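Scroll down for the structure; my scribbles are underneath it.
The alphabet sets the chain names here, A first, running in the order the sequence lines are given. The PDB entry numbering applies to chain A: residues 10-124, in that order. Quick note: numbers on chain B are straight from the PDB entry, i.e. 10-125, in order. Residues 10-125, in that order, are what chain C shows, numbered as in the PDB entry. Here the PDB entry sets the residue numbers for chain D, with the shown residues being 10-124 in order. When reading the values below, keep in mind they use all heavy atoms of this one structure, side chains included, and skip hydrogens, waters and symmetry mates. Remember, it's 1-based here, ligands and their atoms both numbered in the order they're listed. If you check the header, you will see the structure was determined by X-ray crystallography, 1.5 Å.
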Amino acid sequence: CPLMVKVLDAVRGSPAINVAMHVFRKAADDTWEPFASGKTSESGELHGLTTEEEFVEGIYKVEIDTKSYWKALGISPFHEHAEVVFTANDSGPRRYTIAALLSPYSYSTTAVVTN
Amino acid sequence: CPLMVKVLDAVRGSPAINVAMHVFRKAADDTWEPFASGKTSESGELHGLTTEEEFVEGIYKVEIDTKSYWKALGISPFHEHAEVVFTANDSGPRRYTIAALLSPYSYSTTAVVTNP
Amino acid sequence: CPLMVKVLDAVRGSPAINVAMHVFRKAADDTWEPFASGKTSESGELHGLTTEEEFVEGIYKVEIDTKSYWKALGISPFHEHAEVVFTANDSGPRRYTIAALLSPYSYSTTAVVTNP
Amino acid sequence: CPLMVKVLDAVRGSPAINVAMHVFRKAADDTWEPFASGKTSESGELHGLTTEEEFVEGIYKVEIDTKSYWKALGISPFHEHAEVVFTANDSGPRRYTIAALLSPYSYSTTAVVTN
Ligand SMILES: C[C@@H](Cc1ccc(O)c(O)c1)[C@@H](C)Cc1ccc(O)c(O)c1
Ligand SMILES: C[C@@H](Cc1ccc(O)c(O)c1)[C@@H](C)Cc1ccc(O)c(O)c1
């Protein structure tokens, strides 16, 4: 698993479940080509987005639909979505965990990049 | 102003100075149109991006060039930029402060929204 | 001032108003001695805690009463308080802004340290 | 495992390894009684701090020695430590994960409280 996303809810102290997101790769014409998507599990995680062979160097965007999440909970949110844009694999294949911590008017995101 | 951005550096315990950012507004055809741009001051703040009359209802994107910031300090960071996308003024005019706290592999962003 | 605290609320997108906090300083015998206290203003800020002459070198603790804040909004939060412990003025006088962003199950805190 | 602590490094994008911490419970005389401690693993996690029977309702403090961590890396840090003080089990036994994300002049902490 070269890429995993984990989403937590700072209001409820829980994984953020059923959060949709899309992953894009930056094309040669500077546009965003969709390539993977999913929604978070009961543990707030999304696995199996890509494979080692497919996940080549490039610029990637993860667009997390935080607005629909807060809407489902009846809370008015600030952001349309949370976006995480990064260059991958600049020194060869790494495992990437992108974590996002969500509040109605704030989000934080961190990357844990390991072997 | 109706829109201000404040950026702090969590590694050095300081404002994040001379950070470039571009603001965009979503057009009727769903494209991002340039709206304003600027760089943070010595206090890590960027003021004067817009006016109450120009800052109409809509979806706005602030793209903060965090990568250039870190690269200039010798650091290769994780993110290309920090992106803040929000609907503004949907229930009448508001004042918006977007705050961002930066680390090489993490950032946090919050908004303070006040009624004029 | 040499010491200011700013508190924001991540649930409401606002300053965190009327938040109580107590500042302590470590004594020679390793106990925490009361140093100053106050509550945040409508802008979520607490100023005037100390002076440059009183704010000598030492280890300081700011205990922010985040639980009472959330309870007054109807929320049962995770933390009892947010605690910020730091050595101050070790290399001569500095100005310290302690910032905290609050959510019911999370908080973040950063410092801005500037040379007078 | 009723209580787990996970520590991440926001400068390096990695688990924060070998970070020491102590856990205290608030005594009847308003003082902090030590009861558990450890250091984080290669995954930045500390498990096995307590058991279901021992981890009764009360006020708990986790004192994370972030200053020694940054010192080992040659980076001057702001905080003496990061402290997490919470009331446990107020509605019966829950599993608690305390996460802390560290930078030299900042830390964030979140709780994920599940079944
Ligand atoms: C639980 C942490 C995420 C995480 C969980 C399991 C993992 O294997 C992992 O690598 C990261 C999360 C809370 C860390 C974190 C703390 C604070 C933050 O602001 C943030 O963006 C992320
Ligand atoms: C709002 C920032 C502080 C601030 C200083 C001066 C201002 O006029 C202001 O509006 C905000 C910032 C420190 C808030 C913040 C954002 C994100 C965080 O993670 C955090 O801990 C704190």
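- Of dihydrotestosterone, flunixin, nordihydroguaiaretic acid, the match for ligand 1 is nordihydroguaiaretic acid.
- Short version: main partner of nordihydroguaiaretic acid (ligand 1), named per UniProt, is Transthyretin.
- Other chains whose heavy atoms approach nordihydroguaiaretic acid (ligand 1) within less than 4.0 Å: A, D.
- By chain and number, the binding site of nordihydroguaiaretic acid (ligand 1) (heavy atoms under 4.0 Å) reads A:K15, A:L17, A:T106, A:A108, A:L110, A:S117, A:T118, A:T119, D:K15, D:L17, D:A108, D:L110.
- Per the PDB, the organism of origin for chain A is Homo sapiens.
- Against a heavy-atom cut-off of under 4.0 Å, A:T118 is close to the following atoms of nordihydroguaiaretic acid (ligand 1): 21 (O).
- Close approach to A:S117 involves these atoms of nordihydroguaiaretic acid (ligand 1), each under 4.0 Å from a residue heavy atom: 19 (O), 21 (O).
- Closest protein heavy atom to atom 14 (C) of nordihydroguaiaretic acid (ligand 1): D:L17 CD1, 3.8 Å.
- Counting protein heavy atoms only, atom 22 (C) of nordihydroguaiaretic acid (ligand 1) is closest to A:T119 OG1, 3.8 Å.
- Here's the thing with D:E54: none of its N/O atoms is less than 3.5 angstrom from an N/O atom of nordihydroguaiaretic acid (ligand 1).
- Residue list (UniProt L-thyroxine-binding, chain A, heavy atom under 4.0 Å from nordihydroguaiaretic acid (ligand 1)): A:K15, A:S117.
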